[PDB]
Trainee: 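Attaching a single structure in structure tokens format; questions to follow.
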Amino acid sequence: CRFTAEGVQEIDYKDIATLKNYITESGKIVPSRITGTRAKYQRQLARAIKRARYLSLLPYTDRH
Amino acid sequence: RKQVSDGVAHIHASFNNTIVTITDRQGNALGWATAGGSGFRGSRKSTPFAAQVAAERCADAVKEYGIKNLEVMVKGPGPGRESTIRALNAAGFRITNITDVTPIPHXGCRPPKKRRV
Amino acid sequence: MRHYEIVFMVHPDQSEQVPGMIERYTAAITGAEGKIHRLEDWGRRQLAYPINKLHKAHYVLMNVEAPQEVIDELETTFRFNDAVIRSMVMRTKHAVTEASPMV
Amino acid sequence: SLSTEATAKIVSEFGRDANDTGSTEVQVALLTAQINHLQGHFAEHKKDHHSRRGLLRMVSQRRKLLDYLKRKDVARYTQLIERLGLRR
Amino acid sequence: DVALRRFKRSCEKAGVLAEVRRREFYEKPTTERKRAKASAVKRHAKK
RNA sequence: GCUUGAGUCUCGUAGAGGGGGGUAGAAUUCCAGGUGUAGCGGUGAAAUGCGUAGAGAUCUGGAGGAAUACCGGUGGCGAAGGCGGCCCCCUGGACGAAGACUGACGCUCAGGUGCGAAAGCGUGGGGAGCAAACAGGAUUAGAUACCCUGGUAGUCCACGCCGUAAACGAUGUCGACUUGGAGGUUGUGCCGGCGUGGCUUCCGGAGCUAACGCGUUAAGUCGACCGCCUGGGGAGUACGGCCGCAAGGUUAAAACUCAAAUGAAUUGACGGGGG
Ligand SMILES: CN[C@@H]1[C@@H](O[C@H]2O[C@H](CO)[C@@H](N)[C@H](O)[C@H]2O)O[C@H]2C[C@@H](N)[C@@H](O[C@H]3[C@H](O)[C@@H](O)[C@H](N)C[C@@H]3N)O[C@@H]2[C@@H]1O
Ligand SMILES: [K+]
Ligand SMILES: [K+]
Ligand SMILES: [K+]
Ligand SMILES: [K+]
Ligand SMILES: [K+]
Ligand SMILES: [K+]
Ligand SMILES: [K+]
Ligand SMILES: [Mg+2]
Ligand SMILES: [Mg+2]
Ligand SMILES: [Mg+2]
Ligand SMILES: [Mg+2]
Ligand SMILES: [Mg+2]
Ligand SMILES: [Mg+2]
Ligand SMILES: [Mg+2]
Ligand SMILES: [Mg+2]
Ligand SMILES: [Mg+2]
Ligand SMILES: [Mg+2]
Ligand SMILES: [Mg+2]
Ligand SMILES: [Mg+2]
Ligand SMILES: [Mg+2]
Ligand SMILES: [Mg+2]
Ligand SMILES: [Mg+2]
Ligand SMILES: [Mg+2]
């Protein structure tokens with residue numbers, strides 16, 4: 001888990017370059033079992049991505 | 001009648017049938033064929049072969065328009081997903097891009113009840 | 001007084017009204033004994049998907065400390081301002097003063 | 001819940017000190033403060049049953065503390081219920 | 001054929017046809033939880 | 001009196017806990033328009049159905065309801081029922097660290113009271129999708145079914161009612177004690193290790209168990225209090241009472257009848273179970 005390894009407090013919805021690593025080409029949130037993210041950070045990540053999607057900083061889907 | 005050069009093949013690959021519609025990139029249809037209208041009913045209609053023949057008959061329908069480039073939009077779970085694209089390449093269209101456009105609800109509506117066969 | 005992070009997205013046509021919007025909104029905050037801990041005009045960005053046919057919008061980020069009342073009032077301002085296509089108000093635990101990942 | 005400042009005010013009024021947070025009088029005053037505060041919440045939110053279960057625990061705890069205080073020291077009980085405006 | 005094999009693999013990656021098959025019919029929540037528990041116990045028996 | 005049970009305070013942590021309000025994107029349906037032309041749809045196969053009055057397909061715009069893909073997990077939270085996009089507002093509980101404080105304030109609980117899935121009921125809304133009833137098409141010896149095409153209540157919202165479920169861990173609550181191993185989740189101390197809490201899984205020892213199994217989350221060893229059982233059927237029925245708008249719920253017999261009914265496990269045989 002990158003986030004534990006950097007002592008990250010909360011994942012930022014604004015940090016798009018980070019968040020892009022945890023979404024697929026389709027825009028789907030990648031499972032923690034693939035990425036090795038800790039459960040606590042996977043939940044923060046999911047929330048951050050959902051916030052970023054609302055603000056149209058990330059796509060919901062590859063075919064908008 | 002008029003020329004286009006670059007259109008879009010829409011493959012509606014259902015479990016029961018394959019509809020192939022070639023449009024321009026504005027989505028205006030030029031021609032179409034179906035496995036069901038290609039001499040296949042029942043079991044045979046829902047096969048990759050019947051979908052291939054539909055792809056060929058659709059290519060015949062759009063030959064007047066003189067299309068060379070197709071973007072392929074594949075929609076649905078059916079047998080005619082792959083066979084239709086191979087047949088379009090074999091008809092001498094250049095396949096520029098293959099997108100899956102299968103509609104997925106992000107939840108959406110309650111589906112029909114399970115069949116007790 | 002609570003800490004809030006406000007992002008609002010302005011219609012790209014009204015990009016020239018954004019300096020005016022910022023000074024109006026920040027005055028409404030500081031008028032009621034609030035504090036602007038951070039303001040960042042990100043400018044016009046490509047939207048990840050279309051909103052009301054717009055493929056771009058002008059983003060502003062504000063981290064504010066304010067009474068709940070004026071933030072409720074600023075939310076009503078966003079709703080009725082036709083230029084503001086989308087907004088998000090979020091509570092933060094503490095004041096955020098540092099540069100965003102955008103800058 | 002009760003704010004840090006509201007809590008500390010009640011501890012001052014009802015304790016023998018700022019440290020005297022454990023006193024039955026303080027506990028009853030703190031529970032009374034929040035019971036009274038939550039009446040406004042449940043006026044608006046009549047179907048917040050989950051929160052109301054927490055309110056009814058506050059009510060039950062206060063009753064048990066008052067009954068303790070009554071049997072230990074009736075005069076302290078009498079003073080307390082007067083200050084807080086409780087029936088019993 | 002490279003680009004078609006690439007499209008095929010991209011669809012398997014995204015799990016499109018698994019998603020369509022799942023959504024063809026309604027699964028009661030009881031049935032969903034029952035199969036989730038079955039998948040958990042199977043994955044554990046793998047270990 | 002005491003502080004060890006039980007509470008209070010201080011700082012912090014995780015969480016689909018609850019109530020209210022807002023909003024987003026995907027999709028279905030519908031409406032309108034463009035392109036286009038003979039099919040579509042459906043099945044085991046069909047047919048009903050839809051389509052030249054132009055469907056289906058495809059594109060554009062619009063309307064509306066409902067649900068929130070991925071994340072997602074023997075993951076989390078909640079007394080249980082249950083709770084899942086995002087945002088705000090109001091709000092309940094749990095847990096940890098270190099310390100202070102109260103001083104047995106506790107445990108259990110008949111009656112009582114509250115909460116209580118789904119269906120159902122009342123009034124007023126809403127209605128996309130789904131779908132009891134219903135209709136038609138099949139299938140069949142028949143087919144009041146399974147399958148298909150439709151489709152109303154209902155599912156959704158507000159408020160009120162109902163009070164039941166295999167409401168299950170088929171395991172009442174509280175406390176104490178009794179070898180281990182491997183995980184998950186969530187705190188925390190110290191220096192990637194080493195500890196120490198909460199919650200939660202799998203396996204297993206003693207012990208227990210009819211056996212199956214349970215096994216520090218006990219079905220072990222004990223204590224407190226409550227609930228409940230006393231052969232099968234008749235019957236959770238009748239009658240009466242209470243409750244309910246009703247549907248019904250709840251409390252709850254008897255005659256009569258049988259010599260069984262039952263649990264677990266064993267050997268076969270059998271399966272339109274598997275290999
Ligand atoms: C470890 N606790 C478990 C319990 O969990 C339940 O109670 C706990 C509280 O004590 C809860 N925390 C938990 O959420 C809840 O599920 O459920 C019981 C159910 C019971 N039929 C048996 O299962 C066995 C099966 O009967 C058997 O067929 C299977 N092979 C193995 C199972 N263990 O033993 C388990 C076991 O005792
Ligand atoms: K607006
Ligand atoms: K009692
Ligand atoms: K209906
Ligand atoms: K045995
Ligand atoms: K007890
Ligand atoms: K009891
Ligand atoms: K008898
Ligand atoms: Mg169907
Ligand atoms: Mg909370
Ligand atoms: Mg729990
Ligand atoms: Mg009772
Ligand atoms: Mg209901
Ligand atoms: Mg109704
Ligand atoms: Mg239907
Ligand atoms: Mg039907
Ligand atoms: Mg019962
Ligand atoms: Mg249940
Ligand atoms: Mg269960
Ligand atoms: Mg029971
Ligand atoms: Mg065991
Ligand atoms: Mg036993
Ligand atoms: Mg009865
Ligand atoms: Mg009766």
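Chain letters run A, B, ... following the sequence lines, proteins first and then strands; every chain starts at 1. Per the header: electron microscopy, 2.1 Å. Not the full deposit; the contacts listed refer only to the portion displayed. Each ligand, and each atom within it, is numbered from 1 in the order the structure gives.
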Trainee: State what ligand 1 is bound to in this structure, picking the chain with most contacts and naming it per the PDB entry.
Mentor: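 The largest share of contacts goes to 16S rRNA.
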Trainee: Provide the recorded name of the drug at ligand 1.
Mentor: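 The drug is apramycin.
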Trainee: Are any other chains within heavy-atom reach of apramycin (ligand 1) at under 4.0 Å, and if so which?
Mentor: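 Non-hydrogen contacts: F.
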Trainee: If you draw a 4.0 Å sphere around every atom of apramycin (ligand 1), which residues of other chains have a heavy atom inside it?
Mentor: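 The heavy-atom binding site is F:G169, F:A170, F:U171, F:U201, F:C202, F:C214, F:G215, F:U217.
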Trainee: Which organism of origin does this entry record for RNA chain F?
Mentor: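 The PDB lists Escherichia coli BW25113.
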